[PDB]
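Notes follow the structure.
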Amino acid sequence: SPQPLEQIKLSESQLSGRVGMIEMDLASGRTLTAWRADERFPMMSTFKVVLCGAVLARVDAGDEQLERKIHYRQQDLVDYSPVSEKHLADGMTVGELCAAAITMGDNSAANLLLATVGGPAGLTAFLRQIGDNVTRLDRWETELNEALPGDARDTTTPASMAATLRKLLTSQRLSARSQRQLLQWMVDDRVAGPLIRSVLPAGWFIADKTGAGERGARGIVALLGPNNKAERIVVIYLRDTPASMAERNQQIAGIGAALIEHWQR
Ligand SMILES: OC[C@H]1O[C@H](O[C@H]2[C@H](O)[C@@H](O)[C@H](OCCCCCCC3CCCCC3)O[C@@H]2CO)[C@H](O)[C@@H](O)[C@@H]1O
Ligand SMILES: *C(=O)/C=C\N[C@@H](C(=O)O)[C@](C)(Cn1ccnn1)[SH](=O)=O
């Protein structure tokens, strides 16, 4: 494979869409690769990691418990709720909801959690409170995945998202236990995690949260690194491409391949 930046470019050429990407050292925040890092991209499902970071902040403050069981109704369900639809009789704990939202892509679980943090406005306020002055959530699932051209709603920038994820996972804004919990949820992704490992060379660590939207919107926020260590944060977003899901998946994987083949930078 070619150099990371050259592959990113090749991907835009092949997809006819915009690619946004940041490769950052998790421990220090050193930015290695940055492409359209300050441009807006729909967060799609990747917003759920930030969402649960806000939930954990409430837990740390004593205003929430991961054990707290929430009982909801069928009318509360939205499109795609593989886990939540199975618990209309017994409910789900806040912690279970975060696991379902992040590891299983459960949309209703996400909306329930979003309500606990003050909705889209509440999560955005949380982002502002941790120093992210760019990322914004405006809608709920599943409308937040609309990805209309030129629409600033429900967007982030590669640079903002990488910085925010790093803050949540390592800046000690969240308690030690909470940082560990957020990390384990990403490690436990059941949607793309297993597939990625199946194609990663031996020795490479992966933790992630992926997302998809309309007009070819696609994205992934991940932790990657050799020697089984979460060495770097890698954020990749795609938008405005008419390509098949398969090809969009292939292009993102291709960027990953370039990073893997040219890691020491
Ligand atoms: O010399 C480097 C490596 O080259 C290949 O590894 C290939 C692998 O066979 C392929 O499956 C993967 O595609 C990428 C697989 C992962 C896709 C998702 C990666 C994510 C990570 C998080 C951010 C977005 C990308 O590329 C690598 C690098 O060429 C060899 O098979 C392996 O023996 C060797 O160690
Ligand atoms: C967030 O994850 C956005 C989309 N996820 C879908 C996808 O990746 O294509 C899923 C198939 C879940 N979804 C309507 C989302 N109808 N199913 S999954 O792979 O997360």
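Residues 26-238, 240-252, 254-292, in that order, are what chain A shows, numbered as in the PDB entry. So how was this one determined? The header says X-ray crystallography, 1.8 Å. In listed order, ligands and their atoms are each counted from 1. Keep in mind that the numbers below use all heavy atoms, side chains included, and drop hydrogens, waters and symmetry copies.
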Tell me the drug found at ligand 2.
tazobactam (bound form)
Give, per the PDB entry, the macromolecule that holds tazobactam (bound form) with the most contacts.
Beta-lactamase SHV-1
Shortest protein contact, atom 18 (S) of tazobactam (bound form) (heavy atom only):
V216 CG1, 3.8 Å
What residue and heavy atom of the protein are closest to atom 8 (O) of tazobactam (bound form), and at what distance?
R244 NH1, 3.9 Å
Looking at atom 4 (C) of tazobactam (bound form), tell me if a protein heavy atom falls under 4.0 Å from it.
yes
Can you find an N/O atom of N170 closer than 3.5 Å to an N/O atom of tazobactam (bound form)?
no
UniProt active-site residue nearest tazobactam (bound form) in chain A, with non-hydrogen distance:
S70, 1 Å
Covalent bond partner of tazobactam (bound form): which residue and atom, if any?
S70 OG
Residue, atom name and distance, where the atom is the protein heavy atom closest to atom 7 (C) of tazobactam (bound form)
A237 CB, 4.1 Å
Tabulate residues with any non-hydrogen atom nearer than 4.0 Å to tazobactam (bound form).
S70, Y105, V216, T235, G236, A237, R244, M272
Check tazobactam (bound form) against the protein and report each N/O to N/O distance under 3.5 Å, formatted as atom name, atom name, distance.
unit_1                  : atom_1 : unit_2 : atom_2 : d
tazobactam (bound form) : 2 (O)  : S70    : OG     : 2.2
tazobactam (bound form) : 2 (O)  : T235   : O      : 3.4

